[PDB]
K.L.:
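Pulling up roluperidone bound to Sigma intracellular receptor 2 for a closer look.
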Amino acid sequence: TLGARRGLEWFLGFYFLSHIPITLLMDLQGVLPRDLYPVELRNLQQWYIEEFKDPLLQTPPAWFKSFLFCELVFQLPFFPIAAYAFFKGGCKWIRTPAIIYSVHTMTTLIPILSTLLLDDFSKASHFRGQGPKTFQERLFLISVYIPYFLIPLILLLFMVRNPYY
Amino acid sequence: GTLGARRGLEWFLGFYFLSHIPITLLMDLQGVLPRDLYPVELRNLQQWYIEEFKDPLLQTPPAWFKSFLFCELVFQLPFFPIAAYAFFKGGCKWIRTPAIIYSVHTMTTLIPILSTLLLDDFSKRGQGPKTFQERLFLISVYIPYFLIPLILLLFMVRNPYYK
Ligand SMILES: O=C(CN1CCC(CN2Cc3ccccc3C2=O)CC1)c1ccc(F)cc1
Ligand SMILES: O=C(CN1CCC(CN2Cc3ccccc3C2=O)CC1)c1ccc(F)cc1
């Protein structure tokens, strides 16, 4: 495996590269002041909220805000370092850091995916109206979060086993 | 003593993983397992803790908190006896990557728990901490499950006896 191994490294590199605009421009809007973001980016996030009926990014809970702070202080600095190593290739120094990132991101998203799939968004619940009401809406919203669990899982199994790391 | 700091932490982690088995099985998993699997005295004992210290998570377990409790059943509890043996015996390089995975996972589960106790509002959703002293007591009973895994992560990242 030398062509499929490098192709996975290119895929991981773009995942950590494209995560920098996504985290900065769309995700950190839930913790950073709204005055740091232009009006266009703020209205773009409201489009997503009403299109996908996301209950977490609008009125973010304290447990979700803790993960967004973890994304700013820990995950965001690692994205540029991770993209370089996987683009370059052969960087054995990224194995243990990538295992730390993979388990961390997977752990944050288990409660996130379990909330969207099972938690109740009825009028009695604290969400009070917002959120997915049908099952097709729950899959529609889960599909936005599920990449950030599968790709870190691929990275985890790729780091623990591959003798090149 | 003549154990040293390095051996003393190996023993310390062993008793941490050892005592984690009864604590998880008899107290934690009451939030995800049926009531009948537990004697009424264990359920009333946990109820005393919930009423006294105003635990909001154990009272009515939220969906996010229940997902971590299931991770404790499926992932952490099977790992507890394996890690206790590796650190009691000593010199087990095979525990490095597994214990790192446990450390990051447990630390990550505890971050939203501690942040909710400290900063969230429990006024207008069941009982919860009101005073800073009440939040401080609740942080004291959850904080060891963040510090000890953090010490473990730092212990496995750069100990040459495990690489
Ligand atoms: O919260 C995350 C990751 N988010 C990544 C962005 C996504 C929100 N989207 C998707 C989208 C598409 C088109 C236009 C606009 C948008 C838009 O706004 C919602 C999950 C997270 C990732 C890792 C982690 F550890 C914790 C949280
Ligand atoms: O949830 C935990 C750890 N809990 C350990 C048990 C504690 C709940 N208590 C404390 C107590 C004292 C006296 C009588 C009864 C009780 C009683 O019932 C509350 C945190 C956790 C640990 C690691 C992890 F990864 C996820 C969760």
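The chains are labelled alphabetically, A first, in the order the sequence lines are listed. The numbering of chain A matches the PDB entry: 3-167, in order. We number chain B the way the PDB entry does; in order, the residues shown are 2-125, 130-168. Atoms within a ligand are numbered from 1 in the order they appear, just like the ligands themselves.
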K.L.:
I'm curious which other chains sit close to roluperidone (ligand 1), say any heavy atom under 4.0 Å. Can you tell me?
P.N.:
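Heavy-atom contacts come from A.
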K.L.:
Give the UniProt-annotated cholesterol-binding residues in chain A that lie under 4.0 Å from roluperidone (ligand 1) by heavy-atom distance.
P.N.:
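Going by heavy atoms, UniProt's cholesterol binders that qualify: A:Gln77.
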K.L.:
Indicate the covalent partner of roluperidone (ligand 1) (residue plus atom), or none if absent.
P.N.:
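Covalent bond target: none.
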K.L.:
Which TM segments of chain A end up near roluperidone (ligand 1), like under 4.0 Å by heavy-atom distance? Count them from the N terminus as UniProt has them.
P.N.:
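UniProt transmembrane segments 1, 2, 3, 4 have a non-hydrogen atom under 4.0 Å.
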K.L.:
I'm curious, in chain A, which UniProt domain holds most of what contacts roluperidone (ligand 1)?
P.N.:
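For roluperidone (ligand 1), the UniProt domain is expera.
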K.L.:
Which residues would you count as binding roluperidone (ligand 1), with heavy atoms within 4.0 Å?
P.N.:
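Heavy-atom neighbours of roluperidone (ligand 1): A:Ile24, A:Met28, A:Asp29, A:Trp49, A:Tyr50, A:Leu59, A:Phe66, A:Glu73, A:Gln77, A:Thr107, A:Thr110, A:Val146, A:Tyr147, A:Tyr150.
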